S.K.: 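I'm reviewing an experimental structure with FTC-TP and have questions.
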Amino acid sequence: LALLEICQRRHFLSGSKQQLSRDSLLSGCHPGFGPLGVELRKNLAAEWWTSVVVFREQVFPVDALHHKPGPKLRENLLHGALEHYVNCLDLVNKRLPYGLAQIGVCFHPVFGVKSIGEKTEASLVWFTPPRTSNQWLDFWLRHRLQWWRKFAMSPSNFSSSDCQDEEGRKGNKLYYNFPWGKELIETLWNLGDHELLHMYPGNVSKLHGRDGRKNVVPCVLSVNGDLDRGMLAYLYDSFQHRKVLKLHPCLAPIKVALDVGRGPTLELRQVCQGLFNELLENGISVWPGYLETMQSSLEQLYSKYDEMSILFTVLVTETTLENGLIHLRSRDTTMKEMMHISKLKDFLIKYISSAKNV
Amino acid sequence: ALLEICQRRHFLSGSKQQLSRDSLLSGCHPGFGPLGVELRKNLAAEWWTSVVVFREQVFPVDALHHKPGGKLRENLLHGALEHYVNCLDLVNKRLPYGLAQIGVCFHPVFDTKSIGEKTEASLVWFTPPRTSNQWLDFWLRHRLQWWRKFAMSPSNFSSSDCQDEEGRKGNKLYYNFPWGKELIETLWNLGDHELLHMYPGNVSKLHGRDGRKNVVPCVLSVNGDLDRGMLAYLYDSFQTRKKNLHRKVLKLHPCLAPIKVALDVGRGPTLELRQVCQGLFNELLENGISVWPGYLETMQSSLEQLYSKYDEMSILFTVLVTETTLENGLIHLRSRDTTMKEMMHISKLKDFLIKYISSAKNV
Amino acid sequence: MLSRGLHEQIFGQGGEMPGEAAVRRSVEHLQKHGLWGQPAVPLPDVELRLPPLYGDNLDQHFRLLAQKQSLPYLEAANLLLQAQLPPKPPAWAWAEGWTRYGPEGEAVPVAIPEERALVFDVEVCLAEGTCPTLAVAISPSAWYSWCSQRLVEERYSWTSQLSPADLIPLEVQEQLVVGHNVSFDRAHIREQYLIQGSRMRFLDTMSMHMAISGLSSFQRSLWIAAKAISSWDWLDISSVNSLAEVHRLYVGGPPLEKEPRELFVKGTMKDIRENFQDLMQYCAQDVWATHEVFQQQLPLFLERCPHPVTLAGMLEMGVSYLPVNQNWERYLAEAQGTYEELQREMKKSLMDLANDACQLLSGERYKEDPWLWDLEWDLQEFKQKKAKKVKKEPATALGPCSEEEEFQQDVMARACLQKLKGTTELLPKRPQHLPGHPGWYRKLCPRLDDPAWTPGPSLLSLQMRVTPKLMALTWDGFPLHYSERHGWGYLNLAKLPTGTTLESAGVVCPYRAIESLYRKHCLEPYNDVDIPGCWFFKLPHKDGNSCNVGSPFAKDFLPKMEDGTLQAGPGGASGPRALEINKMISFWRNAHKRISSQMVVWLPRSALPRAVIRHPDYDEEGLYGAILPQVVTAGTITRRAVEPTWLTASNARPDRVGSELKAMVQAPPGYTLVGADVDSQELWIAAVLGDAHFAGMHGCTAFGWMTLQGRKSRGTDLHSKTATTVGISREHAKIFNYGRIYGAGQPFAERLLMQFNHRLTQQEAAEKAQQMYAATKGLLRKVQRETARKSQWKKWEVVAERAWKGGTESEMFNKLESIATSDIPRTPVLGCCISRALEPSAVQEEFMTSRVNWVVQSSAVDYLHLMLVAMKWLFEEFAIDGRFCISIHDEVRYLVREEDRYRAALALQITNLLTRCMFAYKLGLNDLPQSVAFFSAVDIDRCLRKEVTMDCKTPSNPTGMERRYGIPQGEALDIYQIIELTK
DNA sequence: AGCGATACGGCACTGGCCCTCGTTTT
DNA sequence: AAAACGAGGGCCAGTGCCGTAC
Ligand SMILES: Nc1nc(=O)n([C@H]2CS[C@H](COP(=O)(O)OP(=O)(O)OP(=O)(O)O)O2)cc1F
Ligand SMILES: [Mg+2]
Ligand SMILES: [Mg+2]
């Protein structure tokens, strides 16, 4: 709709005129991403790795090759995780059921002639005994659904579906309502040892791991989520005469922006540079609109910063050079407030840490 | 040339015996271990910090791995060059300005027929012709500076001034491996040739405001192999005459180190208020510091064994939780740099770790 | 042509003054000495039209010049002396700008205090300087008090604007400002920073005190000890340079009180305003005391320094000026970055060595370490007290699944944790340093509650005394030590006994690993104590040392580090590299404060010469500014310049970090600096003081002939002739010579020449004994040389002859001693007496060397003054724009412009010539030699430096950064006459 | 009478005054 | 329960060696 157009003028996506359709975006075919989309994706992936690093006991990060080891590119992100299985058996001391997570750029063919598309996906391969396989599969279902629910503006948009077949005993798929058509966001399968037993026969005496004085070849859980589709999901979840993207604070790429109000004076630039440094010193993404060069209107400025999903906008006028007072302006409430420049860092940090809840 | 056993024993690398210097330098290695990919993770993040975030006019670019028209990309410079106009629109034609990206690249290699992939962090710096050599010198000094820190011996990393076949000036960054120097990062001053070739029609959409006039941007480029860098720090970390007593430990810089602290259980056995260890665990990871869990264990062995096991993993501190700490509240601590027992409080330990990393990042 | 050297002069027709017996004695002296192999190489004689002389001699020329240059200022000072003081106001006005206090101390809002002259002392809050905050100034009419904009509470942004105090009056005579350390006040003047100007000059009371009744540093050290038989008679006639002391000296009034809180340097701006009235009052007391002191000093100075040349010379010497730009800030940033980097590397290596050496604590294996056993090696674990009870021991008191139903067990463990936390906090108290680590390691660590805490062991050094022993092997030996001096180094049988006993309890001393380390060293008390190297057992004593001081630590022994002995391990070339790192940052370590804090005021594009804006340089949004060097006009000895930063400013070495500091003074576009270095002054001065005492001509001495014989251009000076003996070129030979003239001590010349040439002691001693000929000879029991023809006699009464003393042969030290014996002023020529504390009247005086040095260095400083007044005289008389001066004792540089540079250099040559002729005339004759009449070198370029071609370290490429090139001069500048119409 | 001289600073080290806290006291 | 004495660390100035110039 009118969301794809404000992602072009605000650089969430790369420049296109024909391959800007919903179908081409759902496709791996690109026109990749604009800086905003890149940062959104990076924060999203950071939170993903965070939502799986807090998980007890231990999951080891790995990286797989992209091409065929014997001469070709990868479709799934499972094989590479399976190759490092026997090795990472040593590090866990073969003690308990354990997993391997990884985030990578996987490919898939897109259909004149036919081309190839890219999607950046995050996968987790969870090795667990057959008896406690299904239960852990449901566990991961819950934790993943909750994961998509945390940053969501609406939990009803995210859905979870059950299924099965002859190859997979029980599987679950995570869908996302658009609502121009509910789409696939993540797949959770319960593959047997066949996949693993196919690339190590044999003497298969290496594969079975200890399970309380018990030797047993572990059932394999295949977690596979898409972060591009997820990015688009949250983008459509944030779209709200007003045209403002209300992405989640922890997820939002740039979370604050500051300009000047008084005419182009070196001192204003000095103060703004100071605040720039102070804010970047405590890990806060800030957009420098004080460069500037003109600082035209304030309304189209706020419109620009709202279409960029900036949490707070800051204005450094000439009065700031006296009292230290500065013009704050929210996004979710758009309330024009004012406060001292020294207590800005603390307020922002506290606001970000307050959004930490599940 | 014997610390390889330490790379296999503790997975910073693959456990395959076929890991020759060629197999690693080419990018044809089977893959890095968890500690290895975490080490490379922190190194790359430390690139991203001291290149993209701190310096304005620098924005992240997402270049594809292939071409819409099989072989892949050999460098991520071009895909960045493709995004020039839009990223000119977001900066309001205020050059100098750069685009950085850390992407894996694929190099064709004839083994004396294969293809080797290696992760590279490239930054393309669009700068006016009036100030090309100055920015080249600047980025030379700052890249070399960024690589000379973290080092237990900065004397190894060197730089070489070289010229093009045409005349374009450029600089190469070397690390001194035990078998000789090796290229780890390349800096070049491309004279707006490629951009002109990319936009033959309207050269007007390429004009960037130097200040009082719009000029055609000269294209600077710095590509840093982070794999070879990761290996370089891995070698530098490891120890060399009349020492009288030797211990196996790799001294990685506390910032890029894979596992920060290591939490364990002592005296031993003690049940069952050991749930406090879980508390310290989640508290630690909540503040983003890597903590190795020493709970389920088969050893039950000498402390020197797991101390050497943690020093082979370059773990900074070893925090020990015993029952006397369950009584008062003063856990044990053993630093890697200087092996020594030291008593400390809990929240004091958390904040000591945070301050340790934060201040290590400084001077 | 003629008389072995003279030029075409119009400085007096007569003249000889032949002195035939005298020149016969001189020729006879120079034949037996003996030098009679003349090279006969006539320098190209110069014919030019000299500027108007005012007659009769040049003495009265310089006198009239110096008087007319200092007449308005003298009148102003006289207006300060006969001034009737209006009393201090009852209260100070708390208003921005100036406030005039006239009748009954009322408040009259004024922008500028229009007075002919006034005293001055500015105040500055150091807490957020260097911006002026308070000021008080009294005038012959009334009082004035100035306040800065720091009256309103704001969040300012200091980029050093034109906020400093305004004092100069506008045109569309005239000014004089006196004060204690007047240059610091001058640096806070709004209109002193402008490229042009200025009519206003300054008078320093401190410099004046130094000229009148000053004292040496050595005299200062024992003056303050007042809290060598007749060395205490001058204790009450002079004083240290403090304001309270100099007031208690010249006024002798009640002891003025000093601020007990030091609020301007100890406190903030907040606690200043709370005590505004009082601080103002303090400033008033200061300017009042300064006024009294000045009033008492001016006539005294005028009496002791009668020649107006010194007056005007001291007037222009105070108004120095250093133009700079953004490249200064760039210099600061880059140099500081370099410094922090090298320090990071060094400290990293050292703390790495310190860390891996901390491991041999367990168990007691440190006693075997030959380097690490003197120190602590402590093991603490404290402390706790009992509060829980009683009578029970607190020292001893594989299943697979997948559960998650206990979703809130995490916050349970969390609650357990936090509840366990806040109940131990009351068990200790004050967090001490890490006890687990040895003492030597605790000391080598920053405190935990320190705002600048860095991880691991910081505070490593270089130049400490723990770390050099921590690693270094020691001169073909193993241990190094310290007690009264460190490892012995640089700056007929003898035997000494040994011994070894035990008694308990001291620290264990190993001495086997020493022997074995010696074995490992030679694998590639006696004997081996002379030239080789070894360490005994215990004792401890010298047993074969040459230095009588010691050296902690070896920080300038690179040739004795890159030759084998000595070296370090572990290991390799880490030693020489560490020493390199030390040498590189040696300058910036002891100067970075003075350089980075060195303020500078930027002037906007409104208050600058538009004739510069017209010049093809803006430059690209570039800022242009300047800094006044802030120099004490006259400091001992003799009345030279004294400045914390720019006089001790390092030269251009490709090694040092902040070595570019000298070349950072970049002249504004359209302008260029033209300067010169006297080559040489002190040597030729000594020479003249010899030949003018011996005879009438200039070459009638053995020493005074070789001086004015060599040319530095494609030739060999006297310094260069002693440097090529060999010999070491060239500064070293200069130090050897000037060291010889002021006390050529045999062991000093020994260890010095041996330090500079690097050979063996015997041949060196031979060379010294060969060169000690110059000072030879000299004069019941006594030295066997007197006025009688033989010493041996029987009961011969002659106590009436033991009053004469003087060397013989080559040198002329007898005249330098002749001026050092007179109990009366001793002032040649001109011509100013100094210090009632060094005058042999009522002083032992036993300060001979200081007085000889005073003589010749005063000749150098009077030379300086003459150069100044001369340069100023033909700079205003003619159309030479840019009169601003920048001098360093010998060297002197003027800030001219690119179109008047050659005529300015010409003015320099003129100046030098006239001054030389002055020194010649003050002793006779007016005739002067050739290769000494004109400058050999005249630098003309954008920034100031030593040579015309300059390289550097930190910026690596000099011309790579926006610079130009220099030009040597010369003989080609002798084609542009002083008249405006040239070329 | 015997002699390096004029300065300007820095950092490393130290013995002593002063405040705080604990071990020891009605 | 309550008064007193000794151990620990910072602020202070002095002192010894070194860094530069001219
Ligand atoms: N050791 C020294 N003592 C001094 O008193 N001086 C100075 C005080 S002023 C006058 C200037 O000496 P310079 O350093 O410029 O040396 P110079 O001109 O006498 O000799 P040269 O021309 O520089 O070769 O003699 C120099 C020394 F090197
Ligand atoms: Mg000279
Ligand atoms: Mg000089």
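Letters A, B, ... are given to chains in the order of the sequence lines, protein chains preceding strands, and every chain is numbered from 1. In what follows, every heavy atom counts, from backbone to side chain, and hydrogens, waters and symmetry copies are set aside. Counting convention: from 1, in listed order, for ligands and their atoms alike.
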S.K.: Please list all instances of FTC-TP by ligand or chain.
M.R.: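 The relevant parts are ligand 1.
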S.K.: Just wondering - which macromolecule does FTC-TP hug the most here, in the naming of the PDB entry?
M.R.: DNA polymerase subunit gamma-1
S.K.: Which other polymer chains sit within a heavy-atom distance below 4.0 Å of FTC-TP?
M.R.: C, D, E
S.K.: Extract from the PDB entry the name for DNA chain D.
M.R.: DNA (26-MER)
S.K.: Report the organism recorded for chain C in the deposit.
M.R.: Homo sapiens
